[PDB]
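Letters go in sequence order (proteins before strands), and every chain restarts at 1. Modified residues keep only their parent identity, or become X, and their further atoms are not part of any contact count. When the header is checked for method, it gives X-ray crystallography, 1.0 Å.
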Number of protein chains: 4
Amino acid sequence: XXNXXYX
Amino acid sequence: XXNXXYX
Amino acid sequence: XXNXXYX
Amino acid sequence: XXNXXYX
Ligand SMILES: *[C@@H]1O[C@H](CO)[C@@H](O)[C@H](O)[C@H]1O[C@H]1C[C@](C)(N)[C@H](O)[C@H](C)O1
Ligand SMILES: *[C@@H]1O[C@H](CO)[C@@H](O)[C@H](O)[C@H]1O[C@H]1C[C@](C)(N)[C@H](O)[C@H](C)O1
Ligand SMILES: *[C@@H]1O[C@H](CO)[C@@H](O)[C@H](O)[C@H]1O[C@H]1C[C@](C)(N)[C@H](O)[C@H](C)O1
Ligand SMILES: *[C@@H]1O[C@H](CO)[C@@H](O)[C@H](O)[C@H]1O[C@H]1C[C@](C)(N)[C@H](O)[C@H](C)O1
Ligand SMILES: [Cl-]
Ligand SMILES: [Cl-]
Ligand SMILES: [Cl-]
Ligand SMILES: [Cl-]
Ligand SMILES: [Cl-]
Ligand SMILES: [Cl-]
């Protein structure tokens with residue numbers, strides 16, 4: 001992971 | 001990054 | 001930073 | 001911590 005979102 | 005720690 | 005993860 | 005070194 002490590003990214004974010006939210007989709 | 002974006003996480004924290006400390007390890 | 002410099003550490004890693006993942007949490 | 002989080003920095004390095006070495007002193
Ligand atoms: C985390 O570090 C290792 C060691 O250098 C790499 O092999 C790996 O690709 C790296 O992970 C990437 C992908 C991730 C977890 N989604 C984050 O983007 C991190 C910062 O980089
Ligand atoms: C990021 O979203 C996940 C779900 O996929 C939550 O479980 C987690 O609480 C959330 O992370 C927080 C803490 C972090 C990783 N240090 C960052 O500040 C993010 C933006 O919010
Ligand atoms: C940083 O030094 C400490 C001692 O104070 C060691 O125990 C540790 O192994 C070392 O950390 C590694 C792993 C890290 C934190 N992801 C970085 O890559 C550093 C440079 O090396
Ligand atoms: C880590 O994040 C918290 C939440 O925002 C701050 O309150 C804290 O000052 C921060 O820690 C600093 C000091 C440290 C651990 N030596 C590193 O430089 C990190 C990135 O920032
Ligand atoms: Cl990943
Ligand atoms: Cl999402
Ligand atoms: Cl750390
Ligand atoms: Cl993480
Ligand atoms: Cl500190
Ligand atoms: Cl040192």
For this session: Name which of vasopressin, vancomycin, ziconotide, triptorelin is found at chain D.
Result: vancomycin
Exercise. How is chain D named in this PDB entry?
Worked result: vancomycin
